[PDB]
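Shown for chain A, in order and in the PDB entry numbering: 254-343, 353-440, 755-810, 817-913. Reckoned from all heavy atoms, side chains included, excluding hydrogens, waters and symmetry mates. Order of appearance sets the numbers: ligands from 1, and atoms from 1 within every ligand.
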Amino acid sequence: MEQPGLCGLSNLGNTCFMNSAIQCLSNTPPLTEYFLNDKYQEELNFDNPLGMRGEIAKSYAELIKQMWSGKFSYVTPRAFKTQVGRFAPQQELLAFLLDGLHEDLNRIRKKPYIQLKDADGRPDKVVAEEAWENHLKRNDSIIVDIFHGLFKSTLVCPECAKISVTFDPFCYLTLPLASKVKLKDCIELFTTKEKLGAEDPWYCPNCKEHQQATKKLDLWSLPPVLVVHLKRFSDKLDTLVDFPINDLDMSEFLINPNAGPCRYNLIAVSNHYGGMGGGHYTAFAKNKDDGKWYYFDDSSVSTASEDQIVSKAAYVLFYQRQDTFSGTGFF
Ligand SMILES: O=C1c2c(O)ccc(O)c2C(=O)c2c(NCCNCCO)ccc(NCCNCCO)c21
Ligand SMILES: [Zn+2]
């Protein structure tokens, strides 16, 4: 075709999930814009021991420039997949993709060792800000800017009443599934206090001993692009998760009381059809130039209506924060 971004991807074999993942990333406007304006050359990290000397970021840039040139109805991501395979010899490809891009473009030249401190008695605000600052001392890139948020973990040990509060970064949110359910039900279930199994207990440093310490997670800060992975694999759970296309307001789940509005509009959806033993991934994506929705099935690109987006096939959701929309301003 002749419109940039309406470009499919040939199936190199099975390459599970990679094409739909690339389409989700391709239709993440700030990421694609960063690559198309050649802002990535300045930031290529050539001797990061955790990176590919820039080869992942370079191959992704070439692929994205091809997809948004308007010259192709579909291309092959063969060089990109080759580099990704060298970075990750082998599931959730997305974490490895985001990590490969991040390290290839990390502004930190040499990561310093940071001694972990527990929250002690300090306020959540102080400890969260400390953790975010420490993270940026080790990880600072366009991938952090777009995708990273901060979550809280509270572990309470019944043996010695010890409470361990830690704040940790994330680049996507894996949600448990609660029969039809709403997305907010999955978020709510994500933040509920749980009892760790005997198969997965906590090593209490005060006790030098593992056992059933309660664990509860909380969202501290949410990124410009919130990636929400619905945990359908542990047989495959096909529950219809009803999620909004527009105006997802996350503020009720944020425990940072000085946080911003965090309202989101959906931009992409990774679908899976079948089960693990037999399955295929596709994607819905909103095109950044005309605002319409499209369906990407490898090389095939076609028009879509919002009627088709919310289905039980929905597997990963890409949301963009309304205050980060390019060329748009809220009051
Ligand atoms: O491609 C779909 C599919 C679709 O494009 C649109 C709607 C759908 O419902 C499907 C779909 O269900 C599907 C598969 N479903 C499970 C049947 N086999 C499972 C038992 O082994 C199992 C496999 C499957 N993919 C076959 C096409 N892929 C060829 C390249 O790998 C699909
Ligand atoms: Zn203990």
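Per the PDB entry, the macromolecule in most contact with ligand 1 is Ubiquitin carboxyl-terminal hydrolase 15. Out of mitoxantrone, dexverapamil, paliperidone, vebreltinib, budesonide, the compound modeled at ligand 1 is mitoxantrone. Measured on heavy atoms with a 4.0 Å cut-off, the binding site of mitoxantrone (ligand 1) is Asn264, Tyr855, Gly856, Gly860, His862, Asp879. In terms of protein heavy atoms, atom 16 (C) of mitoxantrone (ligand 1) is closest to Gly856 CA, 3.5 Å. At the shortest separation from atom 1 (O) of mitoxantrone (ligand 1) among protein heavy atoms lies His862 CD2, 3.5 Å. In chain A, most residues contacting mitoxantrone (ligand 1) belong to UniProt domain USP. Shown here, atom 7 (C) of mitoxantrone (ligand 1) is in close reach of the protein: a heavy atom of it lies under 4.0 Å off. Looking from atom 10 (C) of mitoxantrone (ligand 1) to the surrounding protein, the closest heavy atom is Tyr855 CB, 3.5 Å. Looking at the UniProt active-site residues in chain A, the one nearest to mitoxantrone (ligand 1) by heavy-atom distance, rounded to 1 Å, is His862, 3 Å. The entry names the source of chain A as Homo sapiens.
Distance from atom 18 (N) of mitoxantrone (ligand 1) to its nearest protein heavy atom, with residue and atom name: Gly860 O, 4.4 Å.
For atom 20 (C) of mitoxantrone (ligand 1), the nearest protein heavy atom lies 4.0 Å away or farther. At a distance under 4.0 Å, no protein heavy atom can be found next to atom 4 (C) of mitoxantrone (ligand 1).
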